[PDB]
Protein chains: 2
Amino acid sequence: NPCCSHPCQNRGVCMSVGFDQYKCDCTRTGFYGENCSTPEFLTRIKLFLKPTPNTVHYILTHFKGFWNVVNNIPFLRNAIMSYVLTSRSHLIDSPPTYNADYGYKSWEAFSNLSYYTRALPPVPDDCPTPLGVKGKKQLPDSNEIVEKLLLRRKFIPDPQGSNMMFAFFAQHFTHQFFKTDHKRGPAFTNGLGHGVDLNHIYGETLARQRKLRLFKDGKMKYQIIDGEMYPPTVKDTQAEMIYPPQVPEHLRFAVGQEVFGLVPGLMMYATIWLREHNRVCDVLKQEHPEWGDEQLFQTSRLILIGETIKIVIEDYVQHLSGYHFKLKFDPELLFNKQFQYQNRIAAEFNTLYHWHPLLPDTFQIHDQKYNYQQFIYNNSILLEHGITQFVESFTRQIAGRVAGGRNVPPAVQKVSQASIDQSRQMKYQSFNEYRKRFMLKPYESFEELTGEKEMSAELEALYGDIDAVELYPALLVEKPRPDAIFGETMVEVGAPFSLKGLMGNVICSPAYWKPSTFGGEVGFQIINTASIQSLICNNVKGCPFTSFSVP
Amino acid sequence: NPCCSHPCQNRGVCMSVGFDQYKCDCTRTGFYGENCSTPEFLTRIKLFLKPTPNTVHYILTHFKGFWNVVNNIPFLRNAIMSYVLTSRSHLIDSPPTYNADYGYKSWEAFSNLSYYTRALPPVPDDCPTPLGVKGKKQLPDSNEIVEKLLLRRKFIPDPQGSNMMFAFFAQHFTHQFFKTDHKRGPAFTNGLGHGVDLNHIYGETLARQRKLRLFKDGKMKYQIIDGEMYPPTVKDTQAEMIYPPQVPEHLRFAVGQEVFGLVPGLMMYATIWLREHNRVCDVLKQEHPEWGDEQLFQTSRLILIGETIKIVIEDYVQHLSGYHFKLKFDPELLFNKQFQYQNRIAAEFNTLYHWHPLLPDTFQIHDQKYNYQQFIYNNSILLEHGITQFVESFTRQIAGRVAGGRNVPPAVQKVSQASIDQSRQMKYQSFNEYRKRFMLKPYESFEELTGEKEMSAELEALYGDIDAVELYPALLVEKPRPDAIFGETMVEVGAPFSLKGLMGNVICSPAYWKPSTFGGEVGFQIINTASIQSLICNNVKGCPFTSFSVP
Ligand code: COH
Ligand code: COH
Ligand SMILES: *[C@@H]1O[C@H](CO)[C@@H](O[C@@H]2O[C@H](CO)[C@@H](O[C@H]3O[C@H](CO)[C@@H](O)[C@H](O)[C@@H]3O)[C@H](O)[C@H]2NC(C)=O)[C@H](O)[C@H]1NC(C)=O
Ligand SMILES: *[C@@H]1O[C@H](CO)[C@@H](O[C@@H]2O[C@H](CO)[C@@H](O[C@H]3O[C@H](CO)[C@@H](O)[C@H](O)[C@@H]3O)[C@H](O)[C@H]2NC(C)=O)[C@H](O)[C@H]1NC(C)=O
Ligand SMILES: CCCCCCCCO[C@@H]1O[C@H](CO)[C@@H](O)[C@H](O)[C@H]1O
Ligand SMILES: O=C(O)c1ccccc1Nc1cccc(C(F)(F)F)c1
Ligand SMILES: O=C(O)c1ccccc1Nc1cccc(C(F)(F)F)c1
Ligand SMILES: *[C@@H]1O[C@H](CO)[C@@H](O)[C@H](O)[C@H]1NC(C)=O
Ligand SMILES: *[C@@H]1O[C@H](CO)[C@@H](O)[C@H](O)[C@H]1NC(C)=O
Ligand SMILES: [N+]
Ligand SMILES: [N+]
Ligand SMILES: [N+]
Ligand SMILES: [N+]
Ligand SMILES: [N+]
Ligand SMILES: [N+]
Ligand SMILES: [N+]
Ligand SMILES: [N+]
Ligand SMILES: [N+]
């Protein structure tokens with residue numbers, strides 16, 4: 001297959017014509033030629049005026065006093081934020097295109113919501129190498145990659161100061177749209193909403209939602225333990241959860257996402273958001289004593305979806321970017337712009353979000369330590385310390401650096417290896433192919449990638465060719481930005497997927513983004529004043545200080 | 001419920017505030033005030049300058065010499081067509097909002113694809129009258145309405161000259177997205193693609209697609225009967241169909257849509273489109289001898305989707321409109337515009353498309369006459385005459401006038417009664433409400449509605465209040481445009497639903513609309529040169545002349 005070499009550049013569509021020839025479709029690429037390499041006149045101007053992402057990152061992470069003024073000039077802040085959204089979103093195809101089984105556009109790939117979609121098509125089946133033509137006939141042994149390049153020696157904390165509040169928020173929030181159906185294989189998802197629908201609170205199906213709801217005052221079922229609200233039990237809801245048999249029946253908490261029993265950190269956030277739901281129910285009953293249970297529940301869900309997107313943009317991504325520029329959640333920014341209010345979760349977005357180097361060596365709650373053997377599937381820890389102590393503790397505990405390499409804990413070693421194996425099953429193109437897909441310069445050497453001698457040598461010994469390095473491994477060994485948590489590629493690939501899932505939500509569309517959608521101005525204001533601190537303050541006893549960075 | 005009277009004007013959203021008050025949300029309506037009835041300044045200017053629909057319709061249906069010139073000035077014709085697409089599409093909320101069970105915006109209404117969506121929300125179930133506050137406490141007997149106002153006495157031919165090729169194309173085409181799940185109720189659909197996916201050829205599910213395919217050269221199963229290609233049978237495919245016990249096995253043809261055995265006119269188009277898929281397979285194999293069966297099938301389906309949109313816009317809606325301006329299917333018209341490439345089928349779109357008055361009292365094939373008892377579920381008629389004969393006969397046979405009243409054949413009398421009854425189950429608002437929803441002045445009298453005295457008196461005796469007249473009856477008795485098949489409301493309410501389903505298709509999006517999507521220029525050109533005449537010429541023996549109107 002002539003397209004195995006990935007000849008077409010700049011988003012050109014490679015199509016085989018005959019057995020030994022190929023064609024490139026350069027339509028609206030801004031280029032022409034056999035391989036869509038020759039820039040058009042306009043493209044040539046743009047390409048010359050366009051700054052490198054590293055430049056843009058320098059500018060955004062510097063000149064603090066300037067940004068603090070820009071942030072307070074609504075016309076400027078809005079104009080900038082609006083550009084961030086439109087420009088990054090242009091990198092995602094929407095409606096979506098390829099999936100694991102289709103390197104060409106097809107109706108099966110478009111319409112079948114059980115697939116993750118794909119930003120780059122799969123390497124065709126009959127190719128010289130796994131990645132196409134580059135690399136050896138067989139990719140290196142995955143466990144060797146982990147040990148040599150990813151496995152943690154000594155803990156490397158995050159220079160940006162990310163804490164466990166941040167790490168578990170990342171895990172909790174993304175696991176509503178990262179829900180791969182492993183009975184089927186890594187190419188499939190159970191999250192058919194394909195974004196921020198809060199199914200990890202309310203359940204994926206109406207059947208599960210009905211088991212978790214109280215059907216009084218719009219509320220969700222709960223227990224009162226030690227004078228505080230917790231999730232209901234599997235016994236009381238009949239909502240299936242994943243628990244090893246060791247777990248006693250009373251500690252089997254039931255929440256929207258089957259798997260959130262895995263760690264108390266997840267169940268901490270499930271509890272916090274559950275409280276928030278029932279709190280907003282109380283607020284809306286005041287505003288609407290005439291409302292029934294159903295409308296109270298639905299309107300609370302829509303408000304909580306708003307809070308989530310609000311908090312994710314203005315607190316979580318804000319922290320994660322390190323920008324002095326204050327990011328904004330404002331759907332009105334896009335009303336005069338071209339933008340598709342839909343989304344489809346990309347498998348590559350799932351792959352890049354395996355931030356297990358975030359995880360510490362031990363989990364430190366109050367004046368105690370817990371190893372993974374003790375921490376996993378142990379909600380006894382959650383009831384013992386309470387949410388307040390959990391927030392106090394997780395706020396102060398530093399997370400690990402994700403880029404730079406050699407920082408995956410041994411406990412989740414096999415998870416990192418699984419990430420590589422599964423991407424091979426799905427036939428991911430190479431790391432450098434994905435760089436080009438998101439308009440980055442491909443690395444010319446293992447050293448340029450790592451900015452370093454050891455790993456770059458280990459890498460060359462494993463792969464040989466720089467164009468043979470796989471997507472997942474390279475992301476974790478890539479040279480981090482100065483004192484940053486991520487390298488260049490993580491940010492430039494990840495941000496477009498993220499923003500599209502966030503602003504592509506139906507509530508951001510003009511038909512929805514009205515106060516009447518959320519019960520009036522009071523409900524609407526809950527969205528637009530939401531923060532990670534306020535989430536904790538309204539729902540955690542004592543209103544402890546919190547933040548996604550260590551004090 | 002203070003919203004029962006539908007207080008809020010001009011798209012304002014009504015919301016209860018306490019037990020005895022409401023608030024109108026006027027956001028982006030272009031109005032303000034308690035009921036959103038006060039125009040803003042720009043609104044005042046737009047209203048003053050905007051010509052009425054009947055004025056626009058007059059202009060488009062006169063001055064042929066002028067339009068012949070306009071038609072041949074591409075810059076101009078493109079601008080007009082582009083304007084037609086965007087202005088009509090604005091009348092549809094996309095992503096969708098209400099459904100039968102939600103008069104307020106909710107995640108259930110947005111996310112559950114099993115529902116028909118709703119242009120106007122349902123009337124609350126605790127209102128003083130079934131339509132809100134206007135009209136009597138009980139609605140007229142639906143059988144009375146049908147008999148007094150809708151039932152046919154003498155056939156009334158369509159003045160626009162629509163033939164049976166048109167009537168069965170209408171039925172064939174729309175029943176791919178009008179597929180209500182009566183197991184659940186009228187509010188639910190089995191067409192989860194919500195638009196033009198050609199499931200009525202290939203099947204809704206992958207399981208059904210697999211039964212119908214040949215898995216050789218990307219083709220669909222078929223039979224050769226008297227020299228020509230026909231669809232396969234239930235027995236050979238195992239794809240279930242609806243047939244009465246009378247029909248012998250070997251005549252139980254199996255096609256995408258389960259109900260297309262109901263009438264030979266549908267089975268004709270199913271045959272023609274089946275031939276077209278396999279014809280396109282032959283074309284593509286020649287272009288791509290290296291392609292396997294899968295890519296040949298998928299690429300063929302994408303091409304035929306395009307052919308469908310092409311034909312519907314430039315032949316079907318063209319004829320339908322009565323315009324001298326020449327409509328154009330060109331996804332490029334929208335690439336610089338704001339437009340959502342998605343669609344959700346409106347229940348009201350389904351209701352208004354109940355065009356059973358199109359139907360004759362008898363069906364004339366060649367020199368034979370068939371009444372309903374012998375025409376229904378009779379596929380031997382199809383084998384008897386063959387497709388060429390069917391086309392020639394149907395191209396000649398005139399269809400009935402849809403608007404103007406009293407033109408529903410007695411045979412499908414109960415279907416027309418089911419349409420009224422189901423509207424009431426789903427709590428449709430009134431005709432006048434839907435007129436305001438689509439920016440039409442509400443009718444002040446029944447006489448104004450029908451343009452006559454007789455029918456308007458039955459109407460008044462049945463309903464009492466002009467604001468109590470229901471959507472579906474009013475659509476069919478409404479005064480038709482001069483020598484037209486429809487009145488003002490059918491056109492102005494239906495056109496936006498239609499255009500959104502057509503241009504909102506994924507293939508019309510910029511990522512898909514390019515030659516490589518369709519296997520190159522040869523395939524891309526089958527779409528862009530497709531017409532109802534070429535469809536027939538390529539797949540019907542003898543290449544008989546055809547058209548959507550009688551010679
Ligand atoms: C910030 C990101 C983050 C965090 C903090 C986190 C925290 C933790 C954690 C304890 C706190 C444990 C014990 C694990 C362990 C696992 N993780 Co993560 N995970 C994270 C991101 C992910 C993502 C993303 C996936 C893929 C889930 C999917 O695709 O469904 C994942 C998958 C897994 C799997 C599935 C294995 C497989 O074969 O795919 C295991 C096991 N893990 N992880
Ligand atoms: C638009 C043109 C058109 C035509 C020409 C047409 C021609 C014919 C025809 C013979 C030629 C027959 C025997 C029927 C008979 C029926 N039609 Co139509 N139908 C048409 C548009 C529709 C639509 C739209 C529906 C609703 C489909 C659905 O799934 O609800 C429909 C529904 C029906 C139903 C189901 C009614 C119910 O239970 O709700 C029957 C029976 N019929 N129709
Ligand atoms: C889209 O909306 C549909 C209508 O609400 C919904 O279908 C409904 O689903 C429920 C349960 O899923 C069915 O009722 C069930 O009720 C008892 C609970 O006590 C169960 O034990 C029963 O087994 C029964 O299944 C409703 O009958 C059903 N209604 C209809 C009209 O089909 C769909 O589930 C919604 N779709 C999604 C994806 O959520
Ligand atoms: C979305 O794509 C999925 C993957 O192709 C698809 O799932 C597949 O569905 C087929 C048929 O529905 C299954 O094949 C069946 O084949 C025989 C019956 O002849 C049985 O023995 C099998 O057990 C099975 O029922 C595939 O196994 C299945 N593949 C996977 C990975 O689940 C979905 O159906 C597609 N979604 C839609 C809405 O069409
Ligand atoms: C739980 C996260 C929700 C975000 C809301 C943050 C504010 C929480 O506090 C709220 O502040 C409002 C003013 O904005 C007041 O009107 C409310 O009375 C008060 O409850
Ligand atoms: O938001 C995520 O989930 C994200 C994930 C991975 C990588 C980058 C991510 N967001 C991000 C990172 C830097 C800058 C911006 C932007 F400012 F564009 F929003 C967004
Ligand atoms: O296209 C349909 O199926 C249609 C249905 C009902 C009513 C009008 C319809 N179309 C339509 C009727 C008149 C003019 C135009 C338009 F010109 F806008 F395209 C479209
Ligand atoms: C779970 O946590 C409790 C403390 O809350 C501890 O006593 C117990 O040993 C833990 N379980 C395991 C398996 O370590
Ligand atoms: C079906 O059509 C054929 C004509 O080919 C006719 O002989 C037969 O009587 C018809 N069936 C019925 C039930 O009328
Ligand atoms: N592409
Ligand atoms: N150029
Ligand atoms: N469940
Ligand atoms: N451990
Ligand atoms: N550093
Ligand atoms: N609305
Ligand atoms: N089937
Ligand atoms: N009949
Ligand atoms: N007329």
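Here is the naming used below: chain letters follow the sequence lines, and residue numbers restart at 1 for every chain. These numbers come from the heavy atoms of this one structure, side chains and all, not from hydrogens, waters or symmetry mates. First listed ligand is number 1; within each ligand, the first listed atom is number 1.
Out of flurbiprofen, nitecapone, flufenamic acid, triclocarban, mefenamic acid, the compound modeled at ligand 7 is flufenamic acid.
Within 4.5 Å of flufenamic acid (ligand 7), most heavy-atom pairs belong to the chain that the PDB entry identifies as Prostaglandin G/H synthase 2. Within the structure, the other chains placing a heavy atom under 4.0 Å from flufenamic acid (ligand 7) are, by letter, B. Each of the atoms 2 (C), 3 (O), 5 (C) of flufenamic acid (ligand 7) lies under 4.0 Å from some heavy atom of B/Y353.
For flufenamic acid (ligand 7) and B/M490, the ligand atoms under 4.0 Å from any heavy atom of the residue are 7 (C). The side chain of B/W355, and not its backbone, has at least one atom closer than 4.0 Å to an atom of flufenamic acid (ligand 7) (non-hydrogen atoms only; side chain from C-beta on). Looking only at protein heavy atoms, the nearest one to atom 8 (C) of flufenamic acid (ligand 7) is B/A495 N, 3.5 Å. Filtering the residues that UniProt lists as binding substrate in chain B by heavy-atom distance under 4.0 Å from flufenamic acid (ligand 7) yields B/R88, B/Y323. Counting the atoms of flufenamic acid (ligand 7) from 1 in the order shown, those under 4.0 Å from a heavy atom of B/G494 are 6 (C), 7 (C), 8 (C). Within the listing of flufenamic acid (ligand 7), atoms 18 (F) sit less than 4.0 angstrom from a heavy atom of B/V84. Here the protein heavy atom with the shortest distance to atom 13 (C) of flufenamic acid (ligand 7) is B/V491 CG1, 3.7 Å. Not a single heavy atom of B/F325 sits closer than 4.0 Å to an atom of flufenamic acid (ligand 7). Remark: minimum distance from atom 15 (C) of flufenamic acid (ligand 7) to any protein heavy atom is reached at B/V317 CG1, 3.7 Å.
Heavy-atom distances to 1 Å put the closest UniProt active-site residue of chain B relative to flufenamic acid (ligand 7) at B/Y353, 2 Å. Residue contacts with flufenamic acid (ligand 7) include B/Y323, since one of its heavy atoms falls under 4.0 Å from the ligand. Per-residue contacts place B/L499 under 4.0 angstrom from the following atoms of flufenamic acid (ligand 7) (heavy atoms of the residue considered): 18 (F), 19 (F). In summary, the atoms of flufenamic acid (ligand 7) found under 4.0 Å from a heavy atom of B/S498, numbered by their order in the structure, are 1 (O), 2 (C), 3 (O). The binding site of flufenamic acid (ligand 7), defined by non-hydrogen atoms within 4.0 Å, is formed by B/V84, B/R88, B/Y316, B/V317, B/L320, B/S321, B/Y323, B/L352, B/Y353, B/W355, B/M490, B/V491, B/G494, B/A495, B/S498, B/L499.
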